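Per the PDB entry, chain A residues shown: 40-488, in order. Every number for a ligand or one of its atoms is a count from 1 in the order of the listing.
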Amino acid sequence: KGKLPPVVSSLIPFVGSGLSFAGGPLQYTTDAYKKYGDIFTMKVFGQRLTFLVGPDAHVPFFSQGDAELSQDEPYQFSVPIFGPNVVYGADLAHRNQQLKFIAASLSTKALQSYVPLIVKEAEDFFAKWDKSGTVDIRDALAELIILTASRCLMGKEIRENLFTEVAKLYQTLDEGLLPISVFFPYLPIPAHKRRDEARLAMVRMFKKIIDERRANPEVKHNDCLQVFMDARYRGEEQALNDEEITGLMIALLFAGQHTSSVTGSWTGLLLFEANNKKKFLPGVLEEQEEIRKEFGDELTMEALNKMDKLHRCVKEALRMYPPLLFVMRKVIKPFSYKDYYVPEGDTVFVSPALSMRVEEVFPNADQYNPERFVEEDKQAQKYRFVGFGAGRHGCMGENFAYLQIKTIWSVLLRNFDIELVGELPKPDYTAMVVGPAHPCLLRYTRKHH
Ligand code: HEM
Ligand SMILES: Clc1ccccc1C(c1ccccc1)(c1ccccc1)n1ccnc1
């Protein structure tokens, strides 16, 4: 020992926190921070869960690598969803390579030639609205992101032919992921048997396409799938098999939908809220106008990357309502932070939500102020904002996401007047995909296309 961080109280034998933590996750971890500060521990059926709040506290979590902090135990729910030997079900030698291949397929070189695809989809999608009306922005953006992701991740075969079949197989997999599924990933309920069956179907679907492509050698494709098909395990001629390629597909597909789709929605919902509109919208519209002068009606990456004021509106919707509540590692080598000592065996927690609501980090943290990031971007200290994580395993889609969300909102900002229906949605912290609560409504008054 050295000094163990404060165990959070509870009078209920054996379960301890558990019942209070599940149902109230953000609220309970938040009250723990006020009671026990920076770093604290929850016992639930004798599992120590140590929590880290604020930049000083994050440093043990994001600095250490794989032989000091492991991802496999607390991300085991992913394994039957993605498949055997995929990502967190893969041995570190095999995993980090796959993670390298994922990085290639979402690199700035790859993302340049995805932007046209991203833009076209966004544009064809929003064309098909009326002169006027009212949508659920969450639903709408959810539809579009899977649709473009279908093309960018999976290819155009899958896009033009097989989309609604894929959108079906996916809906199953998100339906085989319940609270219960994170605790017992292979529990033989029906939802998991649908899921297990779906995943096996999606493998067979991608079998069709890879056979096709290898029988037509020279025809070039521009998608993630093509990168994965040409990925090769170091030393080994080996080369990924079909079951593995789908897993990565399924993994990235999931990413789009569990996160891009919800901050996507948040950005708009927050921007077009009437006090947040009266202050931060004009600045964004003048930004579009000044970008249109330099580049024209076209959206290219070059244009999108200059959209700094909008970029911030996205980054602030991520600061306030980040889609993933916890990131997690089981501790291998023990470690120290302040006077305290975290021992081998504990699962350590960081809460993007909570750490980004800390006053001494973000002054006025309950307020929407995108332009807080003008000075924040200059700050020296690592790990203040954590929406996309950090370190050896920070997000690899952060560019892709900012791109896709900006595309959506540029295309929307330009072609429509938008207004928030009713008052701002509450967040759904106690749900599987932590979004805004329906009805997430926007009235659209079009203007002059
Ligand atoms: C607003 C949207 C998103 C947010 C907030 C987000 C957030 C994060 C966070 C916090 C992590 C770290 C997980 C950890 O600590 O182990 C992460 C990892 C990752 N994200 Fe995202 N993400 C987003 C969108 C995407 C998209 C669209 C993709 C891919 C298409 C993607 C791919 C990944 C990958 C591959 C990792 C793994 C890092 C690793 O283990 O090497 N993400 N993301
Ligand atoms: Cl599986 C996981 C655990 C913790 C945080 C994020 C993710 C997740 C992911 C996606 C693809 C490859 C590895 C991990 C993920 C996958 C499936 C369902 C939810 C989260 N993710 C979401 C957004 N960015 C990353």
Discussion item. I'm looking at ligand 2, any idea what drug that is?
Written reply: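 It's listed as clotrimazole.
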Practice prompt. Look up in the PDB entry the name of the chain making most contacts with clotrimazole (ligand 2).
Written response: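 Most contacts: Obtusifoliol 14alphademethylase.
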Fill in: Site residues for clotrimazole (ligand 2), heavy atoms under 4.0 Å
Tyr114, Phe116, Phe121, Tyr127, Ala290, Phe293, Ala294, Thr298, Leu363
Worksheet item: Quick check: what organism does the entry name for chain A?
Response: Acanthamoeba castellanii str. Neff
